[PDB]
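Entry overview - Rhodopsin kinase GRK1 with paroxetine in place.
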Amino acid sequence: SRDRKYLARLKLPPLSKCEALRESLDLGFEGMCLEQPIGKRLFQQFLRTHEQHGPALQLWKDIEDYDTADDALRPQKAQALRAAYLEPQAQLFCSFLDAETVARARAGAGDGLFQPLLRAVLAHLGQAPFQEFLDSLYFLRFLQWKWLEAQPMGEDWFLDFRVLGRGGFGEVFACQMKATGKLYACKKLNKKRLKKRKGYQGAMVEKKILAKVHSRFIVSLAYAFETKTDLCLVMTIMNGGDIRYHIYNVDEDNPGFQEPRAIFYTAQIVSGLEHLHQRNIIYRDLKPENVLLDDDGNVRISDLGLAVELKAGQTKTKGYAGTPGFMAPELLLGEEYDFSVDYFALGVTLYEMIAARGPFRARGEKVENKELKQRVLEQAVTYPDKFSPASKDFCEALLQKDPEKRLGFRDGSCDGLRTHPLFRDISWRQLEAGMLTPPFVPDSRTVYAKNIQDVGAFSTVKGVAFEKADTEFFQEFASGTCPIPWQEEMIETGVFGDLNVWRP
Amino acid sequence: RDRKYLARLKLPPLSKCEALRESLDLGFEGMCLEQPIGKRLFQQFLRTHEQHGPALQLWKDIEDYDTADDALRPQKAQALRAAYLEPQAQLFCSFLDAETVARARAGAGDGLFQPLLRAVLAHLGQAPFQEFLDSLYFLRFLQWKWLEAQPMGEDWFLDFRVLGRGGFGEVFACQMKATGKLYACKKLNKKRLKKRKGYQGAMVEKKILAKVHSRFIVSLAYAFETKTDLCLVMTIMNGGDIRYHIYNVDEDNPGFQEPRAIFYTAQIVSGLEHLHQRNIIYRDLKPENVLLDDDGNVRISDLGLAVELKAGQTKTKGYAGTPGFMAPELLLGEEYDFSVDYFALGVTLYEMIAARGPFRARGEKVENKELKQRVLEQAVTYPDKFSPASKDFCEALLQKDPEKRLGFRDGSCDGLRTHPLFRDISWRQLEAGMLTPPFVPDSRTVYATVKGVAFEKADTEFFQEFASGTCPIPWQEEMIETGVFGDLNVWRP
Ligand SMILES: Fc1ccc([C@@H]2CCNC[C@H]2COc2ccc3c(c2)OCO3)cc1
Ligand SMILES: Fc1ccc([C@@H]2CCNC[C@H]2COc2ccc3c(c2)OCO3)cc1
Ligand SMILES: [Cl-]
Ligand SMILES: [Cl-]
């Protein structure tokens, strides 16, 4: 669906309006033509209309097709690619490539196949062809879309229609971007409630981190804005409830998951952790209640309000933050730590997925923080029959008290962690490209949340008048529209194709 | 098409178009109405901005009406009126005033929607045009204007047949290699031109053909030099000249039946009008200079004796032309204007019907002074082959006193188009090239050394001036006609 009044506000500007934007824009190849979907699209259209660039473009497309193809189709696709682009007599022979590069891509069947070739294709495209793009009408059209992207799109642009979750500080709504029809979730954090409980830093950290990360295993931020009452984060719609809910509340007499299902989630969570750790961000809040399912059954991590982004030269942070019983010993002992803490929380998360209780507490046990801290430091975890030898070994490797001994991020990746035999039946390629059929597909009829009639109301916040510092802070927060998700939306909903006209 | 030269037709990077942008001095009329590529890009612009849809479609439908077969007109008028002009019309043009609308809804006739079109184009020339200049479409126009100015000299043209030989040179049938378009190429030998002092005539012809754009005058498309020649690439006229058709087609029956002569006269008149409206006197109208194309439509050619009057100047002097076709005022060494061309039209027409000139008997060669004496002093007689109308028309054109001669008045030949000779000509269809010509030439029919010359600065410089390159309107037409423009105007295949 759509609404035509808001749709009518999506129009491409005159060129003279784009002059300021052109001078202040980052012209990096990677940032413009590879990472930004409208940039990439316009760059490809440019390549498509200039014959000399056809081989490069088509090779690029055919590598991406090979990368995301079923295992059964791959050998044949590799044969066709080779014959089309890497045979010297072929119509679309890629003669710009180094002969060495061509000879290596003609050989082998290993998991690395065509990655080096792709790097050479993109390194070529980044030179003269990109320079021609910049001097073409397709680059100017990109500026028009960037101008449109930067226009005011706050609260009036969204139509809520249902509550998805809520906590102490506000609600998450399923909403609709009125112009395009795209379904999103909107986190509304109440201003007064946040001022009272000193929650500003957390709201800001999450917003910044979600704006700059782009991963299929982490919820994305598409817009950020304020209203009279709230600070609003418009993000990936996740309809399927959180993992805590699916452990305890769904099939109550069978709490916890079968092992294949828990392994799948674990793999998806690992992939999202890795994405953060490669960007030097420590999550610090991994737990079942912050892992969310979408409609297809795939999961994403969420709530980045406690995350730390390391600066260059900094390998560790420090401090008490997170949830009792997901916090690692190094953290509880007051030591500096890196990403290791997230993998300890991964262990606790998996334990709970299989066992339907924490590893440091009995069912329903509520203990003093100091007693819980002692158990985490000193008490060996025990595993019931529900754990297979591989489940158990993996948990043991993550719940290792010494961070140096714990499985995790090494040599810039989680590749070592992936060889653990727990994951022996996971095709990582298809996992990372979102191709694997999930183990549980949520029901469209069903609300995976607390019944609205059973939600405790919160008292009103009295006498928190807003000073200048609050209002200035609200304006910093409301940085508006995030480029990559906004471009994805325009393309997905057909607005791009509709407005990207030339000769109707 | 030849891949090799087709490959050279590539749109430039935008940065290469900066100088052109800076020096280009075009208004709405020059850019979006008169230049076929600007008009096309301007219409493309309008088609993508929904608010300009009514104006764009109305414009196209008027032009569609103007060039429609008479049988299709009642219904085209009907549909246009119901779509744009009637009270709750879906494509109502609110920018028009009510008087313009009411009048366009009333009546029939030829200029039925001319006032309306004038109003549509005046509106489109204001804000819609300004918006166009701030669009990608205008930049694309600059890119085509850049391509238009690139060197396209002799190597771009394949010769394949001789169409005529003259004194100064030859006309070849040729083919633009990149587009495959057929043209005629007139090559004037440099050394003969110098030795016989024909520079003036070559330059004058080139300038004039470059600044005229009529379906009744050979169109100049490219002008360039080679080592041996000055070349003019122009409308291919394959069907022979009128002298040839009068005297050589059916030898036992020379001359044309009257309706055929009148058709050609109407076309000739329209060419003359086009020159006289631009202040040019032709001065060499005669059957040998009027050529037929493949369809049997004619155009005037050989503008080497022409003269363009300076702004303000209304008469000129100078002995030039062909004996028998020169008017008395010219023969008498007086100042003259466009009137000389009309005298020559009378002679031309007379000869089309009579298969001889009005002043000499069949095969009769006379001293120039005996012929001068006749043109100045003798009344022309008319054999029985002339209807009263054609005699009356010839008489009016052959008046010895230019003040009494039928010709060009009030900026046009409308007064002349009114003569009863032309009662069966539909001027609209003629002016538009829709009328089925009376004679259709066959393809299978072939209707048809200098020493001691050394060149200097002054010569090679004259040569370089002459090689001005490509003429915008005919080039743009070529690009559209042959599909090159369409091929290089795609955004997303
Ligand atoms: F302010 C707050 C509101 C709601 C909560 C929820 C409490 C229970 N566990 C999940 C928490 C996050 O809820 C969601 C649900 C769907 C979403 C989403 C986040 O982002 C994309 O789609 C936490 C904080
Ligand atoms: F240099 C010269 C060559 C030939 C002549 C010819 C002499 C006989 N009568 C007509 C003269 C014009 O010849 C043509 C023929 C085809 C044409 C053309 C002109 O222009 C476009 O296609 C004049 C001058
Ligand atoms: Cl371009
Ligand atoms: Cl535009």
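The chains are labelled alphabetically, A first, in the order the sequence lines are listed. We're sticking with the PDB entry numbering for chain A, so the shown stretch reads 30-533, in order. Chain B is numbered as in the PDB entry, which gives 31-478, 489-533 for the residues shown. Ligands are counted one by one from 1 in listed order, and the atoms in each one are counted from 1 as well.
The parts of the structure that belong to paroxetine are ligands 1 and 2. Counting only non-hydrogen atoms, chains lying under 4.0 Å from paroxetine (ligand 1): A.
The protein heavy atom nearest to atom 9 (N) of paroxetine (ligand 1) is A/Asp271 OD2, 2.9 Å. Shown here, atom 12 (C) of paroxetine (ligand 1) is out of close reach of the protein: none of its heavy atoms lies under 4.0 Å off.
Considering only non-hydrogen protein atoms, atom 6 (C) of paroxetine (ligand 1) sits nearest to A/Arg195 N, 4.3 Å. Annotation: A/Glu200 places no N or O atom under 3.5 Å from an N or O atom of paroxetine (ligand 1); distance criterion only. In terms of protein heavy atoms, atom 15 (C) of paroxetine (ligand 1) is closest to A/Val201 CG1, 4.0 Å. Heavy-atom contacts of A/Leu218 reach the following atoms of paroxetine (ligand 1): 1 (F) (cutoff under 4.0 Å).
Most residues contacting paroxetine (ligand 1) in chain A map to the UniProt domain Protein kinase. From the protein, the heavy atom lying nearest to atom 10 (C) of paroxetine (ligand 1) is A/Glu318 O, 3.5 Å. Within the 4.0 Å heavy-atom criterion, the part of A/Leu321 lying near paroxetine (ligand 1) is the side chain and not the backbone. When only non-hydrogen protein atoms are considered, atom 23 (C) of paroxetine (ligand 1) lies nearest to A/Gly196 N, 4.5 Å. Every atom of paroxetine (ligand 1) is numbered from 1 in the order shown, and the set under 4.0 Å from a heavy atom of A/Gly199 is 1 (F), 2 (C), 3 (C). Those atoms of paroxetine (ligand 1) with a heavy atom of A/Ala214 less than 4.0 angstrom away are 21 (C), 22 (O). For atom 21 (C) of paroxetine (ligand 1), the closest heavy atom belonging to the protein is A/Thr265 O, 2.8 Å. Not a single N or O atom of A/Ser331, backbone or side chain, sits closer than 3.5 Å to an N or O atom of paroxetine (ligand 1). Closest heavy-atom approach to atom 22 (O) of paroxetine (ligand 1) among the candidates A/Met264, A/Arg273, A/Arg329, A/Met267: A/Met267.
Restricting to residues UniProt lists as binding ATP in chain A, the heavy-atom distances under 4.0 Å from paroxetine (ligand 1) involve A/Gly194, A/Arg195, A/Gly196, A/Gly199, A/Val201, A/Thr265, A/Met267.
Heavy-atom distances to 1 Å put the closest UniProt active-site residue of chain A relative to paroxetine (ligand 1) at A/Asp314, 9 Å. Taking atom 24 (C) of paroxetine (ligand 1) as the reference point, the nearest protein heavy-atom neighbour is A/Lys216 NZ, 4.2 Å. The 4.0 Å heavy-atom shell around paroxetine (ligand 1) contains A/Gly194, A/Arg195, A/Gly196, A/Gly199, A/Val201, A/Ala214, A/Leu218, A/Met264, A/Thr265, A/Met267, A/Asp271, A/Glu318, A/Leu321.
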